[PDB]
*Asks:* 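Have a look at the structure that comes next, please.
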Amino acid sequence: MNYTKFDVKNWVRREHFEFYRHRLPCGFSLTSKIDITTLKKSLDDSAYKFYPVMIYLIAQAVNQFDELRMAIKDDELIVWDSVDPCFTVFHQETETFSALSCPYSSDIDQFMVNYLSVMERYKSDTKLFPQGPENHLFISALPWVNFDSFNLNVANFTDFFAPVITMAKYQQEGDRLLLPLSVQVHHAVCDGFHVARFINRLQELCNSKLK
Amino acid sequence: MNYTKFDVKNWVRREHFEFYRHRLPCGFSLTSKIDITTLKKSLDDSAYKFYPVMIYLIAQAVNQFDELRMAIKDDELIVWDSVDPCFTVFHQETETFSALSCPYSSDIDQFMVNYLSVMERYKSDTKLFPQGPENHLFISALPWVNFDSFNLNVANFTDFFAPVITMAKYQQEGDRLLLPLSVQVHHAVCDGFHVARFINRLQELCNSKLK
Amino acid sequence: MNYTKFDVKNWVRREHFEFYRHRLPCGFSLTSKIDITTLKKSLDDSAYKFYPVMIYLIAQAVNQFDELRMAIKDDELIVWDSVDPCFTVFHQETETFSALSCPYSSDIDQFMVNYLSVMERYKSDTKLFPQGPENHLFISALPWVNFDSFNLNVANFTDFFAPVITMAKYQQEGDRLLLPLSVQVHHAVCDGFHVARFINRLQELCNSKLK
Ligand SMILES: CC(=O)O[C@H]1C[C@@]2(C)[C@@H](C[C@@H](O)[C@H]3[C@@]4(C)CC[C@@H](O)[C@@H](C)[C@@H]4CC[C@@]32C)/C1=C(\CCC=C(C)C)C(=O)O
Ligand SMILES: CC(=O)O[C@H]1C[C@@]2(C)[C@@H](C[C@@H](O)[C@H]3[C@@]4(C)CC[C@@H](O)[C@@H](C)[C@@H]4CC[C@@]32C)/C1=C(\CCC=C(C)C)C(=O)O
Ligand SMILES: CC(=O)O[C@H]1C[C@@]2(C)[C@@H](C[C@@H](O)[C@H]3[C@@]4(C)CC[C@@H](O)[C@@H](C)[C@@H]4CC[C@@]32C)/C1=C(\CCC=C(C)C)C(=O)O
Ligand SMILES: [Co+2]
Ligand SMILES: [Co+2]
Ligand SMILES: [Co+2]
Ligand SMILES: [Co+2]
Ligand SMILES: [Co+2]
Ligand SMILES: [Co+2]
């Protein structure tokens, strides 16, 4: 299948996992600013647009860490071999959003192809889920406003291990262009170290060649 | 009455409403900084004080968007024709706060009259609710400290649709005076677009003549 | 014993306490930046390290306010005469953390002695709680990344009154070195005033001689 069962008994975090999954169930969010000064430059020298590029880079970073691709399947802890991004699309006409997903691909060009293709087919579709699989990552965008913090207050997040990432409008801060990015995870599968690792990797990706 | 029943069946967000009200119940908070450089100037040229003015302007912006004045009445979705601000009052003597409300009025002078009047009558009243109706907005102030984020962790927010707004101590950031403002809403009636719209409108109001 | 039963009937906040403990159960978090420009200087002129010093100063500030040392014992409201810090320790080897506590002491040198001693004995211990009493404060550190906000989403926090403090990586902001610090408390025992008071006291402590 496209997932492997995780060896929970020999895992270094097995105590932590039981602890934060059942003893003291919790998750946390954190908002940090990513420096997109370099990325903006690379975007400027290309035909790629900002949203699709950030989706790609967030999916890329996620795809690099097992702890960000865990799930409960058949009451067992698994790791997805790979996850596809699920992202929000605003409909200016109805002022409502939809959620769409498209297959992740390590080739940025093939990813762009997938993205346009999905966007092509459902741009007009106002259902909440126009498409109607489980190895996903959630990405949302609030481009109309800058924020220093964002937190989702969910009534029930039992065994909800997929990361939720929210980005705000970027802004010029001195000489840098900063993007606020909120990350919300479940404490059973992710510690603060794990989140900081993801953010630092994303920052390095933004600071690198697209191709 | 002072409210209208909302047409949920022909609403563009009907799916979203059921989704975030019962399928996946949730709300979110966001903190953004409002630029009060201009407002400070207008305040300086007037006899109005800061708190009462912000309450007025927050109530004014709210009063402009239906999605911020929704409620459940008799198991039905309604919109208040208008909401009155409910705001916190600190008692230096007991170091405790109270919550008071006063009628909103589009005339800033008449609003000030209402405010002083309520403050006059209960300044000495240490009960939590000295006054003892439901079309409200909640406004709170933390003037003693600056914050970049604020979030309320509520054990049960079922059908709780009124916005909660928290403001921190403002501060000088370069050439601007910024005020941190947290907004917490229920995802059944408000999307990120809706919150960004409110904040942008508030910013425009701060940047405009008081009268 | 090391705690006193609190006089809830003659307390100015008795209504607030019942209100936020049972009527509308809630807590809140807030992230603010502390200016550690001065502290860094004092650290530079000493042999003390950053983490142990912040733990000491956070415990010191806490130890100064009753509202931050409340608990439910035998279904009664009590105040701890003093609380000891419980702080996280990262294991680079396993990339996992542990929680340790050590006795608080108003003498910074004796505190350092306690700290080293605990760290000495369990540096190698990967259990979640290597040590296996209740008058504590929770301190956590995310030194690998800067954040503007941090919030813990806990499924059940009934009667959980001990403060939770999270610090991020500090950073240079103009001429100042700022440290992001998140504070999460229960609204039954703490108001926004109470949190601002703690943060302002901490800022003053950072800005003062160590000894
Ligand atoms: C795990 C879970 O409960 O996910 C639910 C919950 C879900 C993750 C949803 C997709 C999407 O709305 C998510 C966003 C980011 C949508 C936009 C914002 O409003 C966020 C506040 C929001 C939080 C969670 C939410 C609402 C879900 C799905 C979608 C499945 C896959 C596809 C392509 C539709 C799900 O059930 O699988
Ligand atoms: C909807 C609901 O549950 O509101 C409850 C909950 C309520 C909104 C309350 C008014 C006021 O404390 C609110 C503030 C901002 C008070 C100050 C802070 O501590 C906030 C953390 C807090 C959150 C919600 C709270 C505590 C309520 C009222 C008040 C009704 C109207 C008037 C004039 C008193 C209510 O029940 O109607
Ligand atoms: C009150 C309560 O429920 O505390 C539980 C919950 C607890 C406070 C825990 C100690 C420590 O993990 C705490 C940290 C900061 C640990 C690191 C992060 O992951 C935080 C997200 C986390 C939140 C709460 C938590 C997980 C507890 C203890 C510890 C008791 C004392 C000692 C020396 C071990 C407890 O039960 O007493
Ligand atoms: Co279990
Ligand atoms: Co791989
Ligand atoms: Co329903
Ligand atoms: Co109107
Ligand atoms: Co009770
Ligand atoms: Co003492």
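Residue numbering restarts at 1 for every chain, and letters A, B, ... go by the order of the sequence lines. The figures here come from the full heavy-atom set of this structure, side chains too, leaving out hydrogens, waters and symmetry mates. We count ligands from 1, going down the list as the structure has it; atoms in each ligand are counted the same way.
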*Asks:* Could you check which drug is at ligand 2 for me?
*Replies:*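 Its PDB name is fusidic acid.
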*Asks:* What macromolecule, as named in the PDB entry, provides the greatest number of contacts to fusidic acid (ligand 2) in this entry?
*Replies:* type III chloramphenicol acetyltransferase
*Asks:* Which other polymer chains sit within a heavy-atom distance below 4.0 Å of fusidic acid (ligand 2)?
*Replies:* B, C
*Asks:* Which residues count as the binding site of fusidic acid (ligand 2) under a heavy-atom cut-off of 4.0 Å?
*Replies:* B:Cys86, B:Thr88, B:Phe97, B:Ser101, B:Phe129, B:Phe138, B:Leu152, B:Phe160, C:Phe19, C:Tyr20, C:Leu24, C:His187
*Asks:* I need the atoms of fusidic acid (ligand 2) closer than 4.0 Å to a non-hydrogen atom of C:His187, numbered in the order shown.
*Replies:*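 Close to C:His187: 18 (C), 19 (O), 21 (C).
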*Asks:* Only heavy atoms of B:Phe97, strictly under 4.0 Å: list the atoms of fusidic acid (ligand 2) that pass.
*Replies:*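 The atoms of fusidic acid (ligand 2) under 4.0 Å from a heavy atom of B:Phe97 are 17 (C), 19 (O).
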*Asks:* Counting each atom of fusidic acid (ligand 2) from 1 as listed, which ones have a heavy atom of B:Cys86 under 4.0 Å away?
*Replies:*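 Selected atoms, number and element: 32 (C), 33 (C).
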*Asks:* Can you list the atoms of fusidic acid (ligand 2) that are under 4.0 Å from a heavy atom of B:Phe129?
*Replies:* 10 (C), 12 (O), 29 (C), 34 (C)
*Asks:* Return the residue, atom name and 0.1 Å-rounded distance of the protein heavy atom closest to atom 22 (C) of fusidic acid (ligand 2).
*Replies:* C:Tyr20 OH, 4.1 Å
*Asks:* Considering non-hydrogen atoms of the protein only, which is the closest contact for atom 9 (C) of fusidic acid (ligand 2), and what is the distance?
*Replies:* B:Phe138 CE2, 3.8 Å
*Asks:* Report, in ascending order of atom number, the atoms of fusidic acid (ligand 2) lying under 4.0 Å from any heavy atom of B:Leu152.
*Replies:*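 Close to B:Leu152: 21 (C).
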*Asks:* Contacts table for fusidic acid (ligand 2): protein N or O within a distance under 3.5 Å of ligand N or O, distances only.
*Replies:*
unit_1: fusidic acid (ligand 2); atom_1: 19 (O); unit_2: C:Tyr20; atom_2: OH; d: 2.8
unit_1: fusidic acid (ligand 2); atom_1: 19 (O); unit_2: C:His187; atom_2: NE2; d: 2.4

